[PDB]
Amino acid sequence: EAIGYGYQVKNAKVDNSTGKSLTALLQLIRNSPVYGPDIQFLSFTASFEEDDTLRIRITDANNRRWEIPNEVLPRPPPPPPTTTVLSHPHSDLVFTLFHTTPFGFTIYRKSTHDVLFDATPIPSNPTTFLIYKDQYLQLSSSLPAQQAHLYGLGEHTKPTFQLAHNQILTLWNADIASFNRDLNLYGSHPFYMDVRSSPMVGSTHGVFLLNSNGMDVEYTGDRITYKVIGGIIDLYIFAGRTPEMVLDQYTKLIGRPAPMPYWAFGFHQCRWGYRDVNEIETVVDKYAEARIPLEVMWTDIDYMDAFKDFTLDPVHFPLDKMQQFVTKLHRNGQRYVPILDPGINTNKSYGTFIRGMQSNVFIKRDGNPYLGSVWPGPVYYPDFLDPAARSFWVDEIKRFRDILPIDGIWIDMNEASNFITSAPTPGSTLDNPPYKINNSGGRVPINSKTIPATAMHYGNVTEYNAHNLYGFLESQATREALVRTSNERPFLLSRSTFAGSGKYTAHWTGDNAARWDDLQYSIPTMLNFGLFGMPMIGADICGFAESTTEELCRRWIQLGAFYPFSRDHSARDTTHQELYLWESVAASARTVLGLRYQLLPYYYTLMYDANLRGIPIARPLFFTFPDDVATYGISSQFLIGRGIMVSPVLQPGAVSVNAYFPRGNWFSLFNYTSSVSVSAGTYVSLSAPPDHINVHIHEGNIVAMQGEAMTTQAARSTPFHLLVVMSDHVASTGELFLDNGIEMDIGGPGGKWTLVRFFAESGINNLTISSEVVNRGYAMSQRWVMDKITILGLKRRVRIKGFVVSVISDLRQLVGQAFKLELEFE
Ligand SMILES: C[C@H]1O[C@H](O[C@H]2[C@H](O)[C@@H](O)[C@@H](O[C@H]3[C@H](O)[C@@H](O)[C@@H](O)O[C@@H]3CO)O[C@@H]2CO)[C@H](O)[C@@H](O)[C@@H]1N[C@H]1C=C(CO)[C@@H](O)[C@H](O)[C@H]1O
Ligand SMILES: *[C@@H]1O[C@H](CO)[C@@H](O[C@@H]2O[C@H](CO)[C@@H](O)[C@H](O)[C@H]2NC(C)=O)[C@H](O[C@@H]2O[C@@H](C)[C@@H](O)[C@@H](O)[C@@H]2O)[C@H]1NC(C)=O
Ligand SMILES: *[C@@H]1O[C@H](CO)[C@@H](O[C@@H]2O[C@H](CO)[C@@H](O)[C@H](O)[C@H]2NC(C)=O)[C@H](O)[C@H]1NC(C)=O
Ligand SMILES: *[C@@H]1O[C@H](CO)[C@@H](O)[C@H](O)[C@H]1NC(C)=O
């Protein structure tokens, strides 16, 4: 039998007397036994959510099906031959329903007529049909192969940021190490961005399937096809047309990136295997002796009593010593983050288990708590869809925090990971689904090393449907526990994620390896998590698995000092890799962490921008240069903010790197006299000695920096130095957001914050540098001072009333007081 026969339009109508939506009823042409029962009648709606977002929702006309609950991911409710067209005068997107047999639909741009999503079937080829079976949804669009450049569909390790043609991407959260290319990893993000090189260069849109079920997405260059094993089609198309606008639109739907406290941009140290409190104190002390900044010390599962959450090893990490350790960190302006796993050990004398049982908080299967295996041995898993389990989790965190202060939490193993695979329930098509997704690259059963699909959650929800939400739900509950126990802005790092997780948590790339490949893989993954609305992202510096080398670690701290989340972490069976252990690594770390710390106000401003509009901190070159098609395929360079580009060495033995430079003039942030100037964008062979990484700022940008220091608190008390990079063709601008670094509501109505905008423009004989300030009172009360301005990008010197560098020193200006400074040429 054929896979399916598709659907015909039975009726369709655009609702008059309203900002139009379109409603249609589809009927199945013919049943097929392949992949299980076809849904006979579908309700099909297309509607505009905003002018820039089109929503296409396809459900069973006669029965409710699983959808991600509104409480989990709040969003506007669904709307209340021949073609049927839907358009709005203030929308660029035009929707068309084609009454062919089988039927089709397209979305195109009113302005350019470019077709963005084309689900018109090829009548002879059922692989192109919409097929809608209880456990097999198939939706396919053709694509213009050479002109469509796609990014996203995480989480997967790949050597390229742009998706390669001819691959299958599987979304099924799994405890599979990120050192493995291609395989489905810890998170599922069914979003892609499509940048078109033609007809209008840089025209971008986004496509999101809001569905938490397992799926395979097959991309062959001229087509992309979703093959989803449950749920509904609830497809959102975001009009763009710039890549930035796409992410603003996408995060408006899934949630804005959470704000992060200023200290989370400091350097973090962790290792699986630290043996006792004396060892972690020694590591903190050695960082200080090496003069390498260290902001946060982390403890992995070693700190627990026999790997049990909410306990301390009474021999190796005794409470009195841990309390002294944390008090000392805090006296020195440092912070402490411990790990938590979701599985609760089943020991009848363990207080956490006793309380979990009393509140009936655990996931069940066959009516009994589901017994998994993780680090402490036998565990039950809290059901984070159950309000009682969330209350339990809040209470356990409160109890532990009351005994040992903490500054944030790292939540791991929350796919959920299970070290055993349970036998499938006989006869269940959930544990034995008719279509097998490409789990682990080998069509491995979905229950492998996780909680079985037939396990049940609050509201009679199956693990089959809710699996991909577990990590996301635990992050919501964990952030709530932190907010309920401290008035500071919280900090959370989570392994497993789903679309929307960025509203609650940071992420890291997971179990990478100390390999040169993985050093490079960290860049596409960092860029992808920006697109996923999770801009606080990084990889374990020097590599988690396998022993690192001096050279790899030196090149990795050079790159990793620029990740939004910068942490050295390592597995227990490997050589130690704290940055002070090799002199060449330590010397490089001091240099690059020095620059990162000077850039703290800039990272923090970019965090504020990400929370406001979804724009990532670490971004692809084509976010700033979308009209430059040469940037679309770059995977080994990235921007921090608009105009700073990092071009790392990624090969052993190299003392140069061939790096792409977009049109214009670029200046090294490590030596302002070193510059690159290109006309048409091109590759430049940058010198990159063992102790150096290339980081350049482009003309047209102004960045406010503060001084180096050993802690971010100390850094905030230093003077500001403004770096102004002039351009011959456009005025230069920049922005600085300031608050106390820890307010719950960032930029809220309380007004405990200031936003400064900087401007600079050259006349024929003068130069004006100025600022404009919103809420001057607050920055004034914080005493922030701008004592220097450096001006790059001109070929003549300026003073107060080849390229040269002009420095205006001794200013003593309050950052809170708007200024206008007039300079003259020499
Ligand atoms: C520590 C890590 O352990 C577990 O994962 C490891 C597997 O047990 C190993 O067998 C090995 O599996 C890889 C095979 O060697 C390779 O041939 C290929 O099949 O890929 C396999 C990996 O999928 O390596 C795995 C990763 O080291 C466990 O599943 C994983 O969750 C553990 N990592 C977390 C645990 C801790 C300790 O609390 C944290 O330090 C880490 O940051 C966590 O991510
Ligand atoms: C549940 O937790 C108990 C408290 O730690 C465990 O019993 C204790 O195990 C210690 C470490 O293995 C051992 O030194 C203690 O003498 C003993 N304490 C008590 C109060 O019995 C218990 O461990 C299991 O049961 C004991 C009797 C021994 O046979 C251990 O070897 C067992 O692992 C924990 N139960 C389970 C299922 O782990
Ligand atoms: C800096 O120079 C610019 C010109 O490059 C000045 O702008 C001109 O000012 C004169 C009066 O002094 C006007 O008649 C011209 O029409 C202006 N030109 C433009 C383009 O607007 C500017 O005033 C100077 N700034 C200062 C404070 O000296
Ligand atoms: C900075 O760059 C210039 C130009 O190559 C060079 O002469 C100088 O020695 C460099 N070193 C410093 C001072 O950082």
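Residue numbering for chain A follows the PDB entry, covering 39-118, 138-858, 885-909 in order. Values below: every heavy atom of this structure, side chains too, minus hydrogens, waters and symmetry copies. Whatever order the structure lists ligands and atoms in, that order sets their numbers, starting from 1.
The drug candidate or drug found at ligand 1 is named acarbose. Bound to acarbose (ligand 1) with the most contacts here is the chain that the PDB entry lists as Alpha-glucosidase. At a heavy-atom cut-off of 4.0 Å, the residues contacting acarbose (ligand 1) are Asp232, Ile233, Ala234, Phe236, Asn237, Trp329, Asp357, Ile358, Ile396, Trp432, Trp467, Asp469, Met470, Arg552, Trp565, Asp568, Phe601, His626. When hydrogens are left out, the protein atom nearest atom 16 (C) of acarbose (ligand 1) is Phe236 CE1, 4.3 Å; that is the closest non-hydrogen contact.
Nearest non-hydrogen protein atom to atom 28 (C) of acarbose (ligand 1) is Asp232 OD2, 3.6 Å. Annotation: atom 43 (C) of acarbose (ligand 1) to nearest protein heavy atom, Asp469 OD2, 3.1 Å.
Here the heavy atom of the protein found nearest to atom 33 (N) of acarbose (ligand 1) is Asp568 OD2, 2.6 Å. Regarding atom 27 (O) of acarbose (ligand 1), its nearest protein heavy-atom neighbour is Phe601 CE2, 3.9 Å. At a 3.5 angstrom cut-off on N or O pairs, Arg624 does not count as close to acarbose (ligand 1). When only interatomic distances are considered, the shortest N/O to N/O separation between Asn237 and acarbose (ligand 1) falls below 3.5 Å.
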